[PDB]
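Consider the following structure, which contains bortezomib (bound form).
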Amino acid sequence: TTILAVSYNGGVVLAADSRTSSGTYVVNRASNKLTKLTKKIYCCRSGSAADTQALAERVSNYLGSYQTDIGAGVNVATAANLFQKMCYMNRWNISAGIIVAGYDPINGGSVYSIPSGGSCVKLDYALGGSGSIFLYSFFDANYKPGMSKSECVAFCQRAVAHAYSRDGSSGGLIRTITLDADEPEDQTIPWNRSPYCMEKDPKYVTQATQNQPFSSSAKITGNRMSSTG
Amino acid sequence: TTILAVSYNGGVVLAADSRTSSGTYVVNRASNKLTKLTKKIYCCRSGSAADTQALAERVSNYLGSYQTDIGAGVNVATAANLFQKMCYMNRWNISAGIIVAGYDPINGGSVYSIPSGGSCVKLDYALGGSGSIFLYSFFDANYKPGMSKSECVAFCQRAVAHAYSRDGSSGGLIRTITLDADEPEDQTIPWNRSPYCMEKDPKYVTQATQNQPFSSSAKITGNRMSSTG
Amino acid sequence: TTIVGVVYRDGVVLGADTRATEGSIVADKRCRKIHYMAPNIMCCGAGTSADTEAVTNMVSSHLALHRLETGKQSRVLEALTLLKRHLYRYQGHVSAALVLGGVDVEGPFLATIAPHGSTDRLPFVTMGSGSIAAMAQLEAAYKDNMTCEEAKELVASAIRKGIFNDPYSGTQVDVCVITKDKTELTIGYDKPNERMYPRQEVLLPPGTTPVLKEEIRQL
Amino acid sequence: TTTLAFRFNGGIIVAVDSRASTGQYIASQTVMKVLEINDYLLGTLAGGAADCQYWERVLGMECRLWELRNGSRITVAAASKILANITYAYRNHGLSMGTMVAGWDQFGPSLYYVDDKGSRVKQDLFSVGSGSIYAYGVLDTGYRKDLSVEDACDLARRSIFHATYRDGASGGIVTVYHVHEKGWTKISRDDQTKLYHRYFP
Amino acid sequence: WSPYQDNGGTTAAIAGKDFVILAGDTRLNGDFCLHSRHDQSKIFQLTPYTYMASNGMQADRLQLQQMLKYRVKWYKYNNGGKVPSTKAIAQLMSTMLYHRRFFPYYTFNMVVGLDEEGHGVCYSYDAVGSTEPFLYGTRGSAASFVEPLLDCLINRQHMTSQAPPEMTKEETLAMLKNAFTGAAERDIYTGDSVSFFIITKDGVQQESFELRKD
Amino acid sequence: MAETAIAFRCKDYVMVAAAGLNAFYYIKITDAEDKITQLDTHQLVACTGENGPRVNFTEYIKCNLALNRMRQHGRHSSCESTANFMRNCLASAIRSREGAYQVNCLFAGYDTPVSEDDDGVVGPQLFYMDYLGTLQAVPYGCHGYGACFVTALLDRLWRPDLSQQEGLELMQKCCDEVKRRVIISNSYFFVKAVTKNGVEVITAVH
Amino acid sequence: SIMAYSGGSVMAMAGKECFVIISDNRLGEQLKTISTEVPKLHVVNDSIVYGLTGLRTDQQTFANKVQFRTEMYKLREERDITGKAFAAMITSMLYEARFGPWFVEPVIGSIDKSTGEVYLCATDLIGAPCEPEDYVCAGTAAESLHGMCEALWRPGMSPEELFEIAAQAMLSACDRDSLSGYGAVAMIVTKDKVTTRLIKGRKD
Amino acid sequence: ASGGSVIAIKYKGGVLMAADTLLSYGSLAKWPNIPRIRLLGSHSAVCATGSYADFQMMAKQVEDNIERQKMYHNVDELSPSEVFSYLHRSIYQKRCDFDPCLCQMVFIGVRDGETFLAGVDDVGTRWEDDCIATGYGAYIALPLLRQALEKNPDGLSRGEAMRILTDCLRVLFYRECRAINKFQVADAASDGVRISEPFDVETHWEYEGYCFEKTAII
Amino acid sequence: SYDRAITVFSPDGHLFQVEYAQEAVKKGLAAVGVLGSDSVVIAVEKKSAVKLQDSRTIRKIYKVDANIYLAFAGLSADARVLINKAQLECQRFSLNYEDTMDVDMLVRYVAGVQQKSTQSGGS
Ligand SMILES: Cc1nc(C)c(C(=O)Nc2ccc(F)c(-c3nc4ncc(-c5ncccc5C)cn4n3)c2)o1
Ligand SMILES: *[B]([O])([O])[C]([C][C]([C])[C])[N]C(=O)[C]([C]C1=[C][C]=[C][C]=[C]1)[N]C(=O)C1=[C]N=[C][C]=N1
Ligand SMILES: *[B]([O])([O])[C]([C][C]([C])[C])[N]C(=O)[C]([C]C1=[C][C]=[C][C]=[C]1)[N]C(=O)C1=[C]N=[C][C]=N1
Ligand SMILES: *[B]([O])([O])[C]([C][C]([C])[C])[N]C(=O)[C]([C]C1=[C][C]=[C][C]=[C]1)[N]C(=O)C1=[C]N=[C][C]=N1
Ligand SMILES: *[B]([O])([O])[C]([C][C]([C])[C])[N]C(=O)[C]([C]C1=[C][C]=[C][C]=[C]1)[N]C(=O)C1=[C]N=[C][C]=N1
């Protein structure tokens with residue numbers, strides 16, 4: 001699982017892969033780790049597939065019962081204190097890394113990263129999942145803050161594609177959605193139209209010369225591809 | 001420890017940090033993980049500081065006793081089969097990730113990555129150490145093969161600096177050396193003249209607004225920096 | 001243990017404490033931890049008193065035996081190689097942390113040997129249990145090319161960070177200066193903990209303990 | 001701890017040591033091993049020092065509340081059954097206590113023994129503790145029912161002594177009581193080192 | 001994570017004919033570091049005539065000092081202002097250590113006070129409340145240094161000599177300084193400065209004393 | 001430990017007694033098995049333990065005393081020389097491949113002057129031993145479960161000037177206490193004695 | 001533990017021109033007394049007296065190897081062994097068996113016959129050399145003896161008044177230890193004579 | 001998420017407290033831009049070494065206690081010695097419920113001359129001194145803080161107590177793995193608590209013994 | 001549950017629910033017991049010779065202990081519940097005290113149950 005959420009001027013861009021894998025076997029290759037809480041507030045979802053699904057639909061029922069009694073819109077800081085309350089009083093029993101990102105008219109675009117420990121940190125961009133450790137040095141070099149909506153979509157799709165190329169846990173589709181003052185626009189690009197893959201990376205075309213022919217010199221001349229020559 | 005070796009047209013560029021750390025305390029902040037085997041063949045050195053030091057000076061005595069009896073130069077493939085022989089018949093007792101890179105007149109610049117399992121793989125560039133997992137997605141995006149000698153030095157110094165900015169195990173100086181047909185040129189750039197650091201990264205200047213003032217609205221207005229206001 | 005070392009302008013200065021404890025009680029208060037290796041090489045030691053003394057005397061007799069053959073002054077790099085191959089081939093069972101200092105024709109050589117067998121050649125090293133508290137004094141006040149007096153006081157002010165803060169260390173500062181020509185070993189250089197409130201000396205007269213038999217044997 | 005008490009023609013004599021050791025360190029040397037419950041009962045202590053001094057203080061409270069409600073003395077068959085029902089209720093709670101109750105009720109004497117596991121036995125001759133196994137062999141050799149009052153005080157003081165001399169967990173000051181029909185009296189209280197130069201001069 | 005931790009230090013008391021001298025060094029220390037040198041939380045006052053002097057774990061020490069503090073106050077409210085004696089407090093201590101027997105305190109206690117007659121008596125406790133009245137007592141990490149020392153010079157045993165007269169407050173105080181200057185030499189978890197409390201019928205006087213800093 | 005050995009020395013004799021019980025975890029195999037091995041004409045050992053190491057230790061000790069009398073022209077060694085040879089075999093076996101001997105034994109003997117130049121020991125000898133290799137010369141020694149019952153019995157009643165009959169009725173008290181308190185059924189005790197005329201098998205006390 | 005299986009405490013103090021050494025008399029198996037009249041001291045010549053504590057099987061086996069090596073030293077070298085040579089000899093014996101180690105803790109006291117300098121040494125079970133100038137002590141009551149010896153010692157003691165301090169230190173520490181006691185056997189020794197004293201103790 | 005070492009010292013007139021602005025997760029340094037110095041009420045401030053989720057819930061609890069006692073009633077604000085006492089009894093309550101607040105904390109506070117400096121552990125240990133350090137600053141930085149309080153018993157001024165914290169933060173960057181060179185310093189005085197803008201220290205990596213040919217193992 | 005206070009005080013210091021419970025006894029069958037030197041006799045009224053009652057003779061005086069027997073007067077349904085509390089108390093006593101229960105002990109228990117129903121809600 002590689003999940004991330006990046007803020008721009010208008011709102012936020014949620015990004016995630018699509019694969020639940022029982023250790024080493026792909027149980028599902030079209031998962032949806034972008035969970036709707038309210039219309040403009042979603043959450044990314046990593047870790048245990050059952051422990052985080054039960055939290056996401058328990059928060060989303062407190063959060064819709066709140067919205068009816070208030071009669072107004074729900075702030076993102078409200079939804080991020082319902083995950084922190086539940087991920088802290090269950091922190092020894094669940095495995096839950098949650099990234100809460102959304103839009104509210106008061107504060108604009110907000111990103112909250114709630115790790116497995118149960119803390120809450122408000123950010124500009126957040127990373128999560130087992131594939132997130134590849135993306136710290138990728139965002140230190142290639143990420144500049146203050147992009148547009150069209151640039152954050154193509155960046156976060158290029159960000160996830162570098163993550164599941166090296167990670168074995170992550171893979172599949174790339175599901176992204178933007179949350180701002182307009183309608184929430186979702187987009188799912190496949191594997192075969194992904195912006196990066198190592199199989200078509202032109203520097204991994206040459207095989208590593210392991211299987212040397214039996215020869216008279218120490219001059220390395222590539223692999224042995226035939227029984228005759 | 002973050003070690004790497006990258007090939008260009010002439011020869012190779014070895015790059016490493018300088019820190020041996022007993023778990024959580026910096027025992028040495030000026031280590032030298034670039035070990036001389038012969039004049040033109042070095043090895044990077046990760047893992048156990050004692051188990052890899054004993055291998056590096058046992059190979060370097062077999063390799064200099066070989067060079068005297070031959071009366072010619074040592075190939076890099078010769079030195080990489082003396083680490084593979086020793087890291088495989090001791091693989092349950094040592095902790096040794098070795099990157100062997102050098103120069104010979106027959107094959108030019110060679111890079112061999114010998115992991116903890118004891119295998120040998122000949123590469124174009126190699127990565128090693130606990131800080132290497134940050135640099136796969138950094139080399140998938142920012143690395144183009146076929147650079148010059150002056151470009152591989154400034155790249156590998158920029159590569160290590162992104163690695164020990166996120167890694168806690170790695171840090172300190174950046175020791176690089178180039179091995180080609182000229183004399184071996186070494187260079188040690190410090191921390192305060194490193195090409196990257198998160199403390200002077202201009203997107204981590206704004207503190208994450210955690211410590212909110214006690215207020216009447218949900219409008220987030222930054223941290224509380226004084227007791228009065 | 002709070003053994004330290006510092007490279008100064010011409011030579012090295014080795015430092016140590018004197019406390020030796022066997023299981024939370026102070027066994028000895030004036031133990032000696034700076035050992036002899038050569039006329040130009042000394043060696044501090046931490047860990048177990050059995051393993052430190054027996055790795056040192058074996059190598060220091062091997063360096064002496066190798067000195068009669070060569071007829072020359074012994075290197076500190078060959079003192080280090082004999083220590084690191086012994087401590088490696090027992091795989092950390094010989095629990096001795098070492099600080100090795102000496103002077104050769106190539107200048108001062110200060111390096112440490114871990115109990116697993118790894119070596120680090122540095123301008124200043126600390127080993128033992130109070131090595132963390134003694135390093136923070138060295139990281140705050142070391143500079144290149146210090147005099148013999150400024151290095152002897154920097155070493156002694158780093159031992160007292162292990163005396164007054166580490167419970168496994170104290171009671172004195174041992175300082176050994178290694179030069180090219182001579183070698184000066186002081187034991188009572190800094191005794192910050194004196195004897196406050198000298199003893200009442202409860203007097204018992206000779207004969208007040210009841211004795212059942214006694215047998216006197218003249219010599 | 002070595003603790004014995006025996007029953008004979010004339011009452012019950014209780015004899016104990018006074019030593020409390022935490023493994024190889026001796027904590028104290030003046031421990032009262034006999035908790036007198038009231039002026040006609042006794043109780044000894046062996047095993048855990050706090051487990052005994054608590055529940056024989058609870059036992060001394062249930063015996064005093066018996067006399068307040070029912071207006072008469074408690075028997076010894078009811079006094080141990082209070083202590084045995086308490087002990088059996090906490091048999092899985094890791095208690096370590098082995099106690100004898102001794103007294104003169106209206107049916108003569110009776111000498112009982114309560115485990116830390118809820119047992120209660122009725123004999124005329126016990127010896128409890130870690131050094132009890134030394135106190136049996138010198139007592140079973142010289143015990144008979146019709147001993148005199150002075151000779152049974154001598155046999156009890158001498159049988160504790162040979163256990164304190166041999167066991168590392170026993171010693172100190174040998175305390176001998178005598179339970180006759182009017183209650184109990186402290187017979188003697190003497191050091192074990194002074195008692196060595198009497199029995200082997 | 002383990003919820004028990006030994007914080008060093010030692011306490012010793014010697015009781016006289018109408019006084020007790022009560023001492024305990026001021027030194028707090030943890031895993032391998034030294035937290036403080038000036039902790040006064042080792043000897044606690046319950047009544048003007050009876051103190052408690054405990055050591056071991058510093059966290060369960062402060063909790064036991066407060067539950068002892070308010071059971072004395074419910075005693076004072078329910079008995080018409082009558083202050084509890086040493087014998088009443090030290091049996092209160094012996095019961096509360098057994099009420100928490102299965103999740104006990106990691107404290108080792110001494111209740112130190114005067115009698116109803118005026119004589120001083122010190123008590124000692126294990127982790128579960130084994131009490132005994134006695135004329136002295138030494139707890140802590142340096143107990144095995146000092147408790148055999150107090151056996152040899154207070155009891156006056158194994159010495160074929162006549163008995164000295166009764167010890168004054170001054171000769172007891174100078175004796176007890178010889179133990180803490182002896183425990184500061186040979187115990188690594190003991191000794192920065194020891195604070196002497198002298199409990200007499202006309203109030204309490206308080207002194208301090210300097211030990212070795214290492 | 002289920003079977004006891006009781007031995008005490010006096011002015012001119014050494015009594016030994018060893019219960020002849022052999023069991024299989026609760027089942028009485030025997031009741032009369034001799035566990036007091038006659039090593040020499042004036043020396044014997046009362047080993048306790050299971051029957052595996054007990055025979056194989058005593059046969060190694062007995063055949064080596066006899067071999068040391070073959071090679072030394074029938075000269076009987078002292079009791080201390082036999083006892084120090086025994087604990088050498090206990091102490092070298094706790095640091096070996098095969099493991100420690102699980103035997104607890106009481107060595108007994110009488111020292112006679114072998115020639116006119118011998119001015120050594122004249123009296124009796126009694127040595128306490130252990131499975132580890134502890135050796136201690138002692139006035140009386142005991143092993144087994146009932147050892148602590150009878151060691152404090154011999155604290156009460158043993159005297160250095162006991163006669164052959166007064167120590168015979170003392171050993172009867174030693175055997176009747178083990179029948180009284182020990183749960184292990186020791187009914188037959190094999191009393192032997194070492195005097196100046198050799199060993200003798202006492203029939204009366206059983 | 002294996003070290004406190006047999007019981008017994010041996011200590012030694014240093015005086016002006018003399019030293020003392022004193023052991024208890026108990027042998028045991030973890031609670032029960034096996035013997036009441038067994039010392040732990042050994043004398044090899046008129047200058048060196050050493051005492052062993054720990055496991056009694058190792059207390060006798062190691063002392064046989066010492067007597068095998070001390071008497072072989074006197075046949076090869078035509079002289080008595082000295083204190084610094086004897087203490088450094090059986091330091092090496094406890095280090096050869098470092099992984100199969102002996103469970104002894106030798107307490108060595110020695111003196112120069114011609115010079116008059118005392119030499120104390122107490123190694124660990126693995127042979128750690130340690131020479132204090134004041135006192136040494138090992139055994140089961142060793143933690144009780146560091147309090148008794150350090151609060152009562154002074155450097156300038158006569159042989160008659162050094163015995164009185166060592167005797168009151170052994171007995172007061174054995175009244176708190178349940179694996180040591182039953183009297184004590186001491187040995188004061190000067191340049192001119194050796195005096196061996198048996199001391200009254202508690203029979204508890 | 002876990003915090004690093006926190007050091008603090010008293011001077012003539014107030015208390016200083018420094019802490020790096022890093023929040024690591026194991027070895028990974030996730031966020032170098034979060035503030036750890038929370039200030040309590042109007043006279044005090046706390047900072048923690050250990051779990052951040054435990055500190056974020058504990059400091060939320062003890063900040064609600066200061067305001068609601070002051071808002072609801074006509075009483076004064078709690079002193080630093082009384083809100084540290086509530087901080088101590090709340091951590092000890094959690095370990096007796098077998099769910100502790102797994103972090104060391106450093107507490108500062110100044111109320112009209114009376115300066116307060118104390119720390120508290122996850123177990124319930126509390127101590128007061130003129131120099132508090134938690135984490136690996138208790139091993140590294142705390143010996144340097146102790147000698148500079150005893151080389152002048154009259155007291156440190158603000159200028160010389162700021163030199164030695166910078167000398168201690170510099171060695172924490174040298175010798176602690178899970179640390180960065182970005183520090184905030186709280187300053188509790190008679191005016192109140194004031195947290196400074198993040199700064200860095202000047203590090204020296206230019207020793208002649210650190211060169212490539214000396215430290216080489218050939 | 002239902003625990004409204006029923007047994008309350010009159011304006012003259014009387015308990016109405018106790019004085020009205022005594023009137024239910026004064027209509028009950030008469031039972032007389034006298035005390036001798038070696039024997040105790042108790043005789044009850046045994047309502048009538050109904051001729052329709054069972055030939056199996058029905059005892060009115062109920063057995064409570066081995067030596068302690070009881071006879072009542074009042075409501076015969078309330079007394080059965082009272083005795084099965086006292087027959088349960090004898091087996092509580094010789095399970096915690098190993099003794100035969102005294103006569104004065106059993107009466108203090110039954111009088112303790114009578115008083116406990118005069119000071120309860122809903123009772
Ligand atoms: C009817 C009868 N027949 C016998 C033979 C017994 C008997 O022995 N009953 C008994 C019951 C409960 C106990 F708890 C004990 C008991 N006594 C002890 N004394 C000393 C130590 C000790 N002291 C110091 C260090 C280490 C230890 C182990 C331990 N215990 N345990 C003894 O009862
Ligand atoms: B992602 O791989 O972490 C994913 C996130 C989830 C919330 C949709 N989790 C899973 O794939 C987990 C396994 C796992 C992998 C790595 C870390 C933690 C957990 N999958 C399952 O829990 C699972 C397995 N088998 C059946 C159903 N669900
Ligand atoms: B690097 O951090 O992996 C380094 C490489 C070494 C060959 C110079 N290793 C170390 O820092 C090791 C610890 C370690 C960290 C991470 C993975 C594996 C090992 N240091 C030591 O082995 C060490 C510790 N204390 C003293 C001496 N040496
Ligand atoms: B260091 O603490 O001064 C010291 C090293 C020197 C004496 C070789 N260590 C000791 O004091 C050791 C114990 C130890 C403590 C902490 C870490 C490792 C080892 N003491 C001894 O080995 C010892 C024991 N008995 C007598 C003499 N020395
Ligand atoms: B005797 O040794 O059994 C004695 C009797 C007791 C009434 C004083 N008991 C103890 O000495 C026990 C030994 C023990 C038995 C079982 C478990 C643990 C310990 N010692 C104590 O209880 C003790 C502990 N600390 C102080 C005083 N006593």
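Numbered from 1 within each chain, the chains take letters A, B, ... in sequence-line order. Counting starts at 1 for both ligands and their atoms, in listed order. Partial entry shown, contacts counted within. Values below: every heavy atom of this structure, side chains too, minus hydrogens, waters and symmetry copies.
Here, the model contains bortezomib (bound form) as ligands 2, 3, 4 and 5. Short version: main partner of bortezomib (bound form, ligand 4), named per the PDB entry, is Proteasome subunit beta.
In this entry, the other chains with a heavy atom less than 4.0 Å from bortezomib (bound form, ligand 4) are C.
With a non-hydrogen cut-off of 4.0 Å, the residues around bortezomib (bound form, ligand 4) amount to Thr1(C), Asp17(C), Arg19(C), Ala20(C), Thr21(C), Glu22(C), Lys33(C), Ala46(C), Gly47(C), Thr48(C), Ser49(C), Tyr168(C). According to the entry, the name of chain G reads Proteasome subunit beta. The search for other ligands and ions under 4.0 Å from bortezomib (bound form, ligand 4) returns nothing.
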